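Caption: salicylic acid together with prostaglandin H2 synthase-1, bound form.
So you know, we letter chains A, B, ... as the sequences are listed, proteins then strands, and number each from 1. Start at 1 and go down the list; that is how both ligands and their atoms are numbered. As a basis for the values below, the full set of heavy atoms in this structure was taken, side chains included, without hydrogen atoms, waters or symmetry mates.
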Number of protein chains: 2
Amino acid sequence: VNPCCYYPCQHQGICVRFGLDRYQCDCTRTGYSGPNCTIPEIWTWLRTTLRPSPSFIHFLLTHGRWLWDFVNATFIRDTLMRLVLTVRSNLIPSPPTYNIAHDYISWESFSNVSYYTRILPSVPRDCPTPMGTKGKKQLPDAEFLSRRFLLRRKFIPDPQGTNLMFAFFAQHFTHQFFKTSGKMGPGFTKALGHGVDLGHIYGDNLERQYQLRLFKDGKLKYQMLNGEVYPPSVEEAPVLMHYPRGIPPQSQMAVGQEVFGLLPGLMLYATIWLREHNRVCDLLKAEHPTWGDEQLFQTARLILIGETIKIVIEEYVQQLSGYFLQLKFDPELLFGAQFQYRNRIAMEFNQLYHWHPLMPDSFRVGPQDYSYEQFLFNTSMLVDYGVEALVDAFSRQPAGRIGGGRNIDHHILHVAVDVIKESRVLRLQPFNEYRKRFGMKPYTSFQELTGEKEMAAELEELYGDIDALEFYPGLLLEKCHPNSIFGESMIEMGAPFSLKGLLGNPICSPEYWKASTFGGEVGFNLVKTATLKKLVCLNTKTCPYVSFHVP
Amino acid sequence: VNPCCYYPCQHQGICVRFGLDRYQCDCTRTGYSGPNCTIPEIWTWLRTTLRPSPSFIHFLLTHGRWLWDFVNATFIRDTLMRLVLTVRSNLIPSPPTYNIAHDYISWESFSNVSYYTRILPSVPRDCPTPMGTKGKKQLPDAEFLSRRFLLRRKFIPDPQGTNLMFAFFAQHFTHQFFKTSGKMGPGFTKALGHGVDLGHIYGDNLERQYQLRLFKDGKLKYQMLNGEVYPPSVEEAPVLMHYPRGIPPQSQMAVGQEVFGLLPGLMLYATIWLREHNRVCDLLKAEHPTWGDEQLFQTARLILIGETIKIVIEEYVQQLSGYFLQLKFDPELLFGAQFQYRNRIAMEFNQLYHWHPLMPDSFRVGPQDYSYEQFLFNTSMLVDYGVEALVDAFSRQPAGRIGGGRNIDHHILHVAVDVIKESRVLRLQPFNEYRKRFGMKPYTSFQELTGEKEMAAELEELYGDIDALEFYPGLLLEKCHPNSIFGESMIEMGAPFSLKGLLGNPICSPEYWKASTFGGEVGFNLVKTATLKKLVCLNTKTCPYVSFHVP
Ligand code: HEM
Ligand code: HEM
Ligand SMILES: *[C@@H]1O[C@H](CO)[C@@H](O[C@@H]2O[C@H](CO)[C@@H](O)[C@H](O)[C@H]2NC(C)=O)[C@H](O)[C@H]1NC(C)=O
Ligand SMILES: *[C@@H]1O[C@H](CO)[C@@H](O[C@@H]2O[C@H](CO)[C@@H](O)[C@H](O)[C@H]2NC(C)=O)[C@H](O)[C@H]1NC(C)=O
Ligand SMILES: CCCCCCCCO[C@@H]1O[C@H](CO)[C@@H](O)[C@H](O)[C@H]1O
Ligand SMILES: CCCCCCCCO[C@@H]1O[C@H](CO)[C@@H](O)[C@H](O)[C@H]1O
Ligand SMILES: *[C@@H]1O[C@H](CO)[C@@H](O)[C@H](O)[C@H]1NC(C)=O
Ligand SMILES: *[C@@H]1O[C@H](CO)[C@@H](O)[C@H](O)[C@H]1NC(C)=O
Ligand SMILES: *[C@@H]1O[C@H](CO)[C@@H](O)[C@H](O)[C@H]1NC(C)=O
Ligand SMILES: *[C@@H]1O[C@H](CO)[C@@H](O)[C@H](O)[C@H]1NC(C)=O
Ligand SMILES: O=C(O)c1ccccc1O
Ligand SMILES: O=C(O)c1ccccc1O
């Protein structure tokens, strides 16, 4: 039996098989010694014995508004902000390690970027069970598993007050790096940027960019409807889009992210960001009359990437975390650390970001309450209503609790079923293993995972061992932090993926974080001072209620 | 007139144009303040006032064998070795900056790797002269310039004792990252690895790899001739090669670097390294009976990359530098520094590596003395003679002095003419500017550059201003260090390009420099203990004189 199936090596040691039987754990720089990397070093032991519970830390970061307000106003902010950054980022490896194709480091894994990387090698195809050593020889029927525990019965709204504006933002945003290759199979991605390259705006390939490009003042092609700016028509800018057959080019918006074409929510943001890139071009042109198209274009894109990363950290992540510490985007807090300004999308991080439970039961656009059947492909709602309008709406309606269970609207429940299946193809290791890998202690019972006894009892008969509970179901079915949108593992496993993928962008490097990179103090400030509100409102005839938090 | 043409911004400040006229220098983190980044900071001034002449340093590193021997045996070795590494690496920017297409940072420059990057933006196409502000309005006719100063009259051998074994090594080696795209124009490269990916052995693209692959024990296809191993035939492994029309597949060796097909020197090494990869596979298979093709293949490639980087630093660079300090390859000397494990090939670094003057007047293979006319495409010399034989030969014959002037054999003189021309297309800035950029003070006269008065006088009438002397000619025509293969600028500008491109490989990162990456302590040591001699001799029936230094 493959010894590595027993996941022998601890604390990130590497299981290497030898001989027919045998295996050896590589505990290089692990912090532990021993045959399974279990015997700590004085400092390592001392370090972990004092490491305060993730739960505790969370508690602190969410209480004492008063105390925190003071802190946010002292230097201690940056101090912490930096600390968070560093310690968080360390769990994610760089350079990348393994891929769907290699549970080893190989030059090809490091070079071929069509692959999504992974943090934990697959459960060896020669293990006795589909999870390794424990559990049933067959896993719960996803359809069922999804219908029994992820299927929304009564809408549970997210307590943080996360509204639709955030739900759509998160969607649209994450759809620039999660873009699994259809024809290539799972574990392959079309987004070769692996990060925030704003490729869903400019196109995932050069040709497609040139298509959406106006080639005048560095602008992106667009069109006027009701004397307002929207993306161009597929007719105008002949790019490939995904619209149900029967919808004509003249009625399709060309945009950069083929899929975005079906959900006014997506196209809404796609219009704001287009509008923005065009506006920035005009600014640049003022300062640089001597500038050319590309120079302008290229520079604008650099600025937006800046805007995007700021809004994402200070407004988005703030909301999602509910922390009282005011997060801050300042790539200089890292100029002292040993950070690698590079990022590669993890298949695990893709699963984890399947926050479908945010989606509501019905989409209320004022007195009007639309159905999925009226939302899902409506090629007119955007133009009809207008940016400002829809923004106000989405800003007001709440999105559902993410973690917790049974909160995924049936219209998109299939997605989650597919996620489970896909996971298995990827031979993803067990939830409990990942619990460890990301600093946590594994669950000892289904009753501990979920906060209750009922479904914890069924999962038990279903899976057979907490040590066999899968990644995604484990993430979605774990008990939620007091009044949080989700629980411990979501944060403890997601945050590193998130923060490494945000600071590890070439523009956060000391090399590019020069004001010249952005066209001067002008462009630079745009980056240094972005706001979700400024984003919408400067590109709309009238500023509505804009916020990730429902009023 | 474009103000940036005057190269106003000092010490790496960035010239940004503004308004029709105007310009502003971005001295962010430059070390200087001021309108042109000229007013130092106390520490910066203090730092440069003590910075000992590069010449001095060189002197020290080349005398006192006695004193050095002691030092090489103390910890002080590592100490220095590390220092060299860090301080050297800093001149090369990471992430990369500009490209043939953009004299600005642009996401596209950071993403599109078909581009060779550059350290210094081009001389703006709107400047009054082809070099900016100084010099003639037309540059010296390359053909002439090459015939008057680079054309060998009497062979000057390199004093360091560099032989042909080194000349060919350097050639073959550098032909894995210098691989300019024919159909794409200058400034475009086919080697998307930008470093030591050993792509000239395994192929520059996946398909081509699979072609040269045997798919058994992780081996590379090969063939037997005289009961000895050589690469396979183009017939056997149908890969694309470059052989004059009329040479049949059955008579062509398939190898990985299409061009290598024409020069027994290249194919000689290509055979050694193939032989090696196959041998390592056998080792791996012993330890890992349970291993598969890919696992074996992939792992072997990782080990060779290791071997290659060791031989390159400790034997190759040692010889080429003539230092008494014993250089050392230990990626851990960097685990403390803030280094970025990534590398991108500089167009400037490509020019600089055009060491054609190494090539002899005639190739002596024992009593036999062959002509270029008998060497240049001889599809049999290798098989005829045998690895061991040719190795001994090349190890004994000396190669010419690189720097100095008039030492390029006429058979390949065209190459240098083309280099000059190509430079101009790239609109490469002036030698003197690069002198500064890499820490040096610019030459004040042609007589100072060259050690003499004669040709210094002609270059003067030719160029018109030392401030107009071009990159390559300036490198090749500058006065050689006492008994060195070349002068100051070659080392001061080449070493950083070299050392950053050697340590900035993902395997030198603390993430991959685990013994598990190489299949265990076995593979690991292969890397940790490589020798040019071990390389040849373990793959040959008999060990000959092998060395980069002529006996
Ligand atoms: C009207 C609402 C939405 C619909 C109809 C929807 C549907 C889908 C579908 C069908 C897929 C493809 C996999 C499959 O075949 O099941 C997908 C993938 C995914 N969705 Fe959504 N989704 C919605 C909202 C969201 C939101 C709000 C987010 C952001 C949390 C999100 C995150 C993801 C992610 C990250 C993937 C993976 C994409 C990839 O790897 O290519 N989705 N979604
Ligand atoms: C029999 C000896 C050699 C011949 C016939 C030769 C010839 C050439 C030729 C023709 C090119 C293409 C450019 C052109 O059209 O002129 C080339 C490029 C170059 N050679 Fe050689 N060379 C020889 C030895 C060397 C050696 C010893 C080195 C190593 C120092 C070297 C380094 C280079 C470099 C780096 C390039 C640029 C390649 C690229 O960018 O694609 N060559 N050589
Ligand atoms: C990246 O890796 C994938 C898988 O190794 C490569 O895709 C396959 O490549 C082989 C050889 O060309 C083909 O037989 C397959 O049909 C390819 N497609 C898929 C979906 O597997 C891909 O070519 C690699 N890309 C690079 C640039 O190396
Ligand atoms: C890398 O950059 C080069 C130049 O920008 C791209 O090559 C050109 O791309 C355009 C659009 O496809 C074509 O019109 C040219 O014919 C292409 N070839 C050359 C030699 O310029 C190249 O496509 C880019 N590669 C990527 C992956 O972005
Ligand atoms: C108020 C104190 C702020 C400290 C900020 C540290 C950021 C959170 O750090 C996280 O802590 C977890 C629990 O120790 C670990 O498991 C994670 O690896 C780590 O990223
Ligand atoms: C015996 C002393 C060894 C010192 C090793 C330092 C490595 C050489 O360092 C070089 O020195 C040059 C001159 O100062 C600078 O111009 C270069 O930028 C730097 O890389
Ligand atoms: C190492 O791990 C294996 C598998 O979990 C176990 O059987 C073995 O006893 C462990 N050895 C030690 C010393 O912990
Ligand atoms: C599309 O939405 C509009 C409002 O924007 C609504 O009037 C119309 O009926 C919808 N069409 C469909 C097919 O749902
Ligand atoms: C800045 O540089 C320009 C161009 O070399 C020069 O004309 C100008 O006088 C300089 N200004 C200062 C203060 O050095
Ligand atoms: C090729 O080299 C061999 C020796 O290896 C020599 O005998 C033969 O004449 C050469 N052929 C050519 C065309 O130079
Ligand atoms: O810093 C965090 O804890 C965090 C948590 C969730 C999402 C983003 C984050 O930065
Ligand atoms: O360290 C150096 O000075 C050096 C010089 C030339 C070539 C390689 C090198 O490492």
Next item on the list: Report the positions of salicylic acid in this structure by ligand number or chain letter.
Entry: ligands 11 and 12
Checklist line | Chains touching salicylic acid (ligand 12) at heavy-atom distance under 4.0 Å | finding: B
Margin query: I need the residues around salicylic acid (ligand 12) for a figure - heavy-atom cut-off 4.0 Å, please.
Written below: B:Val84, B:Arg88, B:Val317, B:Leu320, B:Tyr323, B:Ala495, B:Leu499
